[PDB]
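Structural view - chlorzoxazone in its complex with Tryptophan--tRNA ligase.
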Amino acid sequence: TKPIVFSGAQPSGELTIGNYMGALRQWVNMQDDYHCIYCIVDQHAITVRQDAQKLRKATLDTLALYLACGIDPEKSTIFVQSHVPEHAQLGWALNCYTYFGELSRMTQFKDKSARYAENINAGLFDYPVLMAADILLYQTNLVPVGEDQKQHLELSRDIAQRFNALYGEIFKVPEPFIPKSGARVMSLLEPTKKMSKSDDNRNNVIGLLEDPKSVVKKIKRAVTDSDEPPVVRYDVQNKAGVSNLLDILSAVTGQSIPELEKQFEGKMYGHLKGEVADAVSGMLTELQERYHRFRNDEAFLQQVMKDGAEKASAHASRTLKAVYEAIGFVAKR
Amino acid sequence: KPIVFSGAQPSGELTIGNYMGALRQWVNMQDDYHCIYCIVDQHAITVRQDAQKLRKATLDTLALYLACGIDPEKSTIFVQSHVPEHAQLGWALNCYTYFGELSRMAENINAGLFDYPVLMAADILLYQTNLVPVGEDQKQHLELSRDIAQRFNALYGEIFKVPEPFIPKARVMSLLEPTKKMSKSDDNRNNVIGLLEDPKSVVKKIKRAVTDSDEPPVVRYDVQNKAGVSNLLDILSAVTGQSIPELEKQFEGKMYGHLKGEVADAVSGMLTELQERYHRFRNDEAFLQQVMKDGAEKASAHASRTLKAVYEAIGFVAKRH
Ligand SMILES: Nc1ncnc2c1ncn2[C@@H]1O[C@H](COP(=O)(O)OC(=O)[C@@H](N)Cc2c[nH]c3ccccc23)[C@@H](O)[C@H]1O
Ligand SMILES: Nc1ncnc2c1c(-c1ccc(Oc3ccccc3)cc1)nn2C1CCNCC1
Ligand SMILES: O=c1[nH]c2cc(Cl)ccc2o1
């Protein structure tokens, strides 16, 4: 049996080139090498208040975007989190093996709490426990995420180790898979801030489903620096915007930063932004063409969700039965 | 017919205070209400305990409720962990519960100890529950369940019933501290009589029961001045159905030794029949397995209806069977 890959994305906001380079790109590339399981985490999405029609549409948008990126339902398991009850069941059990202080110290809870002061809910606080359940159910070996999820992944490793120390080899201890390029794509007008899929200023983001003409304009207005002469060189501290543009270009083309710096010797930010705009515009045009063919095929989306929940439930039920036996529950008949 | 929900915590040996004080009366109301008894093993694990002891205590609790007269054909009795909808609704309700509400109910407590009030709200709201018999320690918890139900209903429509406490209330006090209610969660086991205690144990515990220094000894009801004698009278009245004034007449010119002898005989007479049924049920694995299977099937059919309405209101894509 192949080692197992698991990862998820929220059907909230609009997925960006950041979500693609930090996660989805690795998801597509891992499908033959490993046994891959990819989840649309609708139960995590509702830790921020959603409109019911927007959430349902966004769940199906996210599924079609996975397929458009090249996630192949003949190679990978693709499913909607709420379709597998074992996620919530194991999540409750793992609350009892997680410390309050491990949750209160989380960067995501602190940032989200500041943004949504009127909805500091228990789900937002308990977010990392459900995510540990998502990973540990599938005997997961590798979790491809961006840098912002590292703290969450480290807690899932601590929970797995703590539970195993008491009860035996119930869980695998998962490892993060974080890319060398594109692990933390930054905002186009505030390159010290991560690119957000829920930004109130749309000019900060490159949306995967945004009009490529709109995206090219945003790239040309991306902030650079006051260097005289202008020089294309990677330096996050002193050249955050130029560095972020180089990181996006490297991630799209596969070229190294040193190769890009050599290609741009004697050139300035017009050549850099021209190449980033051309590469991103081409990628999004091809991606969106595949997207509409999947998004408007409800029979195919329905079949992928049915087959994926059936495959996930088989794995998850096996792990949950072992967890329930270990902690001392009377087994269900 | 109103729906009543009770959570039976597996750990802790039920006492004569639990039986004569509430369970005995609820056994006789199984035709008046749709009663649901949930053995709450998912609540249990907020406290680290031996796994084999928790499994045994779940089956001990099931067999004792059956022995006291809960009829699995009239009432729904089941193990919480056998119905996944409890955990599913609990997560959803976390997203509609303020962190501040749980704080107002440290770095080293487990998240289950912080979050169980949300699981209790899910347990109740799943079954369109009208009535919850709560202890005084659980009144704030029931108020949170009502607050969550009203908050969700105000956003999405009348998805949940707003549950009410069961207001109406036998007095059974601690044998060595007659000002404190007899409690199944007590550390001084000499303060309680468990439902499974043998006649020799019952005699020993009643004989140490605190009385007073009245001279002559007088068997009369007076909670202020004769708390221990009053408690023995209340226990004897609750077992036999004889009135306090009738018992006062019966023990005129009698000493506290006579009262204690009659209390022990009355209590052990009541427990013998409970204990026969308990050992019969507890050692019948196929009977207990069939009760749990039937109960979880009944509970899941009702719980699935509520959870589907909750998921539709939130906007989740419906599962593909
Ligand atoms: N600007 C950025 N640059 C690079 N990568 C980025 C950027 N912004 C986001 N990411 C990554 O995108 C993935 C999905 O993000 P979500 O917010 O949907 O999704 C999240 O933040 C998860 N909690 C969802 C989840 C729930 N359960 C799981 C179990 C395993 C893995 C993931 C999950 C993530 O990998 C995230 O790191
Ligand atoms: N799980 C726990 N872990 C720690 N402390 C807890 C609890 C609970 C608890 C347990 C089970 C439960 O089941 C129901 C469900 C529905 C209806 C009725 C009962 C409800 C609550 N109560 N408390 C106490 C501690 C002292 N008194 C204050 C609260
Ligand atoms: O991760 C989690 N936390 C949870 C809390 C409740 Cl009440 C139920 C399921 C859960 O899963």
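Quick note on labels: first sequence line is chain A, next is B, and so on, each numbered from 1. Side chains are part of it too, since the values below use all heavy atoms of this structure and drop only hydrogens, waters and symmetry mates. Heads up, header says this was done by X-ray crystallography, 1.6 Å. When a ligand or atom number is given, it counts from 1 through the structure's own listing order.
Looking across the whole structure, one can locate chlorzoxazone at ligand 3. Contact chains for chlorzoxazone (heavy atom under 4.0 Å, other chains only): A, B.
With a 4.0 Å heavy-atom cut-off, chlorzoxazone is reached by no atom of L94(A). Of all protein heavy atoms, the one lying nearest to atom 10 (C) of chlorzoxazone is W92(A) N, 3.6 Å. At a 3.5 angstrom cut-off on N or O pairs, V118(B) does not count as close to chlorzoxazone. Considering backbone and side-chain N/O of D115(B), none are found under 3.5 Å from N/O of chlorzoxazone.
Scanning the protein for heavy atoms near atom 2 (C) of chlorzoxazone, the closest one is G91(A) C, 3.4 Å.
Per the PDB, the organism of origin for chain A is Escherichia coli. Taking a cut-off of under 4.0 Å to the non-hydrogen atoms of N95(A), the atoms of chlorzoxazone that pass are 3 (N), 4 (C), 5 (C). Looking only at heavy atoms of the protein, atom 9 (C) of chlorzoxazone is closest to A87(B) O, 3.3 Å. Near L119(B), the atoms of chlorzoxazone lying under 4.0 angstrom from a non-hydrogen atom of the residue are 7 (Cl). Between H87(A) and chlorzoxazone, a contact under 3.5 Å exists for no N or O pair. Binding site of chlorzoxazone at 4.0 Å (heavy atoms): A88(A), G91(A), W92(A), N95(A), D126(A), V129(A), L130(A), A87(B), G90(B), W91(B), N94(B), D115(B), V118(B), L119(B).
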Chlorzoxazone: which protein N/O atoms lie under 3.5 Å from its N/O atoms?
residue: chlorzoxazone; atom: 1 (O); partner: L130(A); partner atom: N; Å: 3.3
residue: chlorzoxazone; atom: 3 (N); partner: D126(A); partner atom: OD2; Å: 2.7
residue: chlorzoxazone; atom: 11 (O); partner: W92(A); partner atom: N; Å: 3.3

